[PDB]
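A look at one PDB structure holding fosmidomycin.
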Number of protein chains: 2
Amino acid sequence: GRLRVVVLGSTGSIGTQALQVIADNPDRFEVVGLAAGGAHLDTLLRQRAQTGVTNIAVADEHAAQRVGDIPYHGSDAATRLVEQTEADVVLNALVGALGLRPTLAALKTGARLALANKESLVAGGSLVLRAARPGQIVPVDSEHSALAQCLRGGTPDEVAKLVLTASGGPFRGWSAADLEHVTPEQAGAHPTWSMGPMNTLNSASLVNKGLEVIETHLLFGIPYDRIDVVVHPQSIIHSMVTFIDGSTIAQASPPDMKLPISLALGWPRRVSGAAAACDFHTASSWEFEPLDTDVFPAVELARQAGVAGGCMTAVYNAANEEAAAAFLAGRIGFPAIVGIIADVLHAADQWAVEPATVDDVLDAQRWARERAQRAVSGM
Amino acid sequence: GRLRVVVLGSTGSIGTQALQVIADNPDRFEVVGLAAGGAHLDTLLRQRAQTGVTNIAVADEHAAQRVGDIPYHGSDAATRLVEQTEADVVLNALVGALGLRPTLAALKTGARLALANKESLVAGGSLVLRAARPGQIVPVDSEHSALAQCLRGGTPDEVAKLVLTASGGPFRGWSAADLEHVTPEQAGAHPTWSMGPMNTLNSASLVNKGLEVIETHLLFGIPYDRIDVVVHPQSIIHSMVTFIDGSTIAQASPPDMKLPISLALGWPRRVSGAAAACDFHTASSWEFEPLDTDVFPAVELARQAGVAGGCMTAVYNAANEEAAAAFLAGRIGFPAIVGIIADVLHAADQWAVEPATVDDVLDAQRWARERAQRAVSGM
Ligand SMILES: NC(=O)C1=CN([C@@H]2O[C@H](COP(=O)(O)OP(=O)(O)OC[C@H]3O[C@@H](n4cnc5c(N)ncnc54)[C@H](OP(=O)(O)O)[C@@H]3O)[C@@H](O)[C@H]2O)C=CC1
Ligand SMILES: NC(=O)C1=CN([C@@H]2O[C@H](COP(=O)(O)OP(=O)(O)OC[C@H]3O[C@@H](n4cnc5c(N)ncnc54)[C@H](OP(=O)(O)O)[C@@H]3O)[C@@H](O)[C@H]2O)C=CC1
Ligand SMILES: O=CN(O)CCCP(=O)(O)O
């Protein structure tokens, strides 16, 4: 049948790619709701005009002032749209901790949640896990999509290890000394039209991978000491599962987020023609190498935060957003990003308590930002 | 819940590894029968003592006499052992088309046929398929084990291509001129697997991969034009499935037959500790290259034979067996193996008819052997 899809964060990278998948597959999907922040209001309005979807939300009231016919506007507009729209699938492609309430609202409706928003799991943690029922959350991230597919190769009891792949970033194989003179521009900070500056940076520092490791644990229920990371520079293998007999199952495709997006939308049904397959007509190789955890401890710190539990992973992530932005502003060096994350985490044991509300999560993040700010400033 | 296993070809490469898996897993498996040719009585008597199984078949009459009190002896011994032994699993690890009657007898008992002896399925074709219920034949070779595991990654309608990997043999990358000089000693070594003499030779000539393409079509029902072959020198990836959305799912492990053996014996349940997993704490690469079909046409010839159908795959295999014997005896050169296969197949018009009985298959093989000898006589 046809799936009714609410797209939250419709004007972003994931949201617009999802809309292309949906436009290409009118037999499988219909859009029944769109939500955006308001900074790309003009795009949202064009999306209404193109799709005919009038069921739209804009977070920014100023932005909403410019139109006069937005059904949902202002604070919690996305949450209100979710609560009042009948849908089969909610795609949460919101950015930041503001994706958390809409995730909670979506889960309550009993719709499938195609989840891109990282903070929903990294920060929301047990709050989101307790609200979700088995199979309700389908991950959009290419690594987690890869794992979901590879886990089909046996029962849950047959899993030995989850193995995530990492590109290694621009500083792959760089020594600690090399890393000292890393500049913002080198860390991939360009004024790129779609990609945020934090995405290349988080990939470069291996924090993105630390975040994906935390989400892997929460999504798939595998202990942190059984979640490995291997460096794979080609980014063709998106992740692997190693089973108790010694068999490894791997997912492979040329990079293209439309593959994992399409499958998260249509889960468990694959979407024909979503992306190009690996081609074996020309000679190639898939390389693997270990990560030097002494030079790149971001993944180890993510495991420490995840093992501690509660709001510790919210602290990990909020510490990074602060430390990473400080690096981008010249206020710290590159190696100091993960150094600050570790310093903030070491002081954060009060946040190991489980969050009862969204407000507990925000408080932890608030504390973590302030703590990182003091570490950056010297105060 | 212990599975009773009859092991045919117990003294060989697969047979001994299978006994090792069973010895390591008395919880899951018991040996209840052993069959061998009689050329290695040392090993067989050792196996009798260690397993405590006296229910034994020896093909060679003189060899069985030397031992004394062997219950089944002569060329029908393995077949009669199967017909008269109660078991849950028959592991057919015999070599050559001589495994046909034990394969048919095994299937007739209703036991699972764990098939190492792909030649009997290649030879039997639809005759063997009509004898089996769905899922009764469970492949032991790494390729089809990999395919079966990877096919769990989607539903049947989602399968676009099956991708078999080939090591390429010791002569991977060699020219046709280079191949002229190949000796049985050179062809008797394999870069990645340790196997019996016939599979070692067939891997050097690429006839093994040709036989596996036919096996894939017969076991999985996939058309010949959707079965790809790619050369992978490391033999770590054992085969892959490409799905309609562009996703590829692959199975990988250090070459060790104990892995696919364990899974075939216990299907669908994986056997804990069977084999070592891929190790990602040290650098490695998985390489792919196309097969040079001009230098190695054995897979294309297998395709032509498979497409023709009926008794034509029995002809392909039987031609190979004769040519291979002539190469190993010093009568013909290495390139003449696939040359003779081509010459015999292209004279084999009458053999596209579907076998109604075993005798149809026997007739096709008899014709093919005679025709192969004529080709040998001509050089
Ligand atoms: N991009 C990728 O390739 C990948 C992304 N992810 C994760 O998926 C999530 C989204 O990715 P991405 O599409 O790149 O993010 P983007 O920045 O590209 O798009 C974010 C979307 O959120 C909207 N938004 C911001 N604030 C609000 C609000 N208060 N209410 C409603 N909507 C709002 C924005 O609207 P507006 O534009 O008008 O401000 C925009 O449409 C992130 O958490 C990211 O970590 C995971 C794997 C890879
Ligand atoms: N070896 C491997 O790693 C792999 C094997 N295969 C397949 O498995 C099958 C066997 O492999 P492999 O172990 O190497 O073969 P082997 O040469 O190592 O052993 C063959 C076995 O069959 C027995 N045998 C030979 N002739 C007769 C006969 N006339 N009657 C009854 N039994 C007989 C032999 O007993 P004896 O010699 O003591 O008289 C021996 O135990 C092949 O079809 C091959 O294609 C598939 C994938 C990989
Ligand atoms: O399981 C192991 N094999 O089937 C051996 C494959 C050898 P080849 O790829 O060279 O045919």
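Lettering follows sequence order; numbering is per chain, from 1. Both counts, for ligands and for their atoms, begin at 1 and track the order of listing.
Every copy of fosmidomycin included, the relevant parts of the model are ligand 3. Among all chains, the one with more heavy-atom contacts to fosmidomycin than any other is, according to the PDB entry, 1-deoxy-D-xylulose 5-phosphate reductoisomerase. Other chains, heavy atom under 4.0 Å from fosmidomycin: B. Checking only distances, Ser203(B) does come within under 3.5 Å of fosmidomycin, N or O to N or O. Checked against UniProt, none of the NADPH-binding residues of chain B turns out to have a heavy atom under 4.0 Å from fosmidomycin.
Taking UniProt's list of 1-deoxy-D-xylulose 5-phosphate-binding residues in chain B, a heavy atom lies under 4.0 Å from fosmidomycin for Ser142(B), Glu143(B), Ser167(B), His190(B), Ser203(B), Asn208(B), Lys209(B), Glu212(B). Closest protein heavy atom to atom 9 (O) of fosmidomycin: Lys209(B) NZ, 2.8 Å. When each atom of fosmidomycin is checked for a heavy atom of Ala166(B) under 4.0 Å away, the hits are 9 (O). Atom numbering of fosmidomycin starts at 1 in the shown order; those under 4.0 Å from a heavy atom of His190(B) are 10 (O). The contact set between fosmidomycin and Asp141(B), taken as ligand atoms under 4.0 Å from a residue heavy atom, comprises 1 (O), 4 (O).
Contact annotation: for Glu212(B) versus fosmidomycin, heavy atoms closer than 4.0 Å belong to the side chain alone. Contact between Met195(B) and fosmidomycin is present, with at least one heavy atom of the residue lying under 4.0 Å from the ligand. For fosmidomycin, the polar-atom distance check against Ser167(B) finds a nitrogen or oxygen pair separated by under 3.5 Å. If you number the atoms of fosmidomycin from 1 as listed, the ones under 4.0 Å from a heavy atom of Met257(B) come out as 1 (O), 2 (C). Looking at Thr200(B), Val229(B), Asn208(B), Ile261(B) and measuring to atom 11 (O) of fosmidomycin, the nearest heavy atom belongs to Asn208(B).
In terms of protein heavy-atom proximity, atom 4 (O) of fosmidomycin is nearest to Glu143(B) OE1, 2.6 Å.
The residues of other chains having a heavy atom under 4.0 Å from fosmidomycin are listed as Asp141(B), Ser142(B), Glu143(B), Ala166(B), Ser167(B), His190(B), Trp193(B), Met195(B), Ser203(B), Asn208(B), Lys209(B), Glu212(B), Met257(B).
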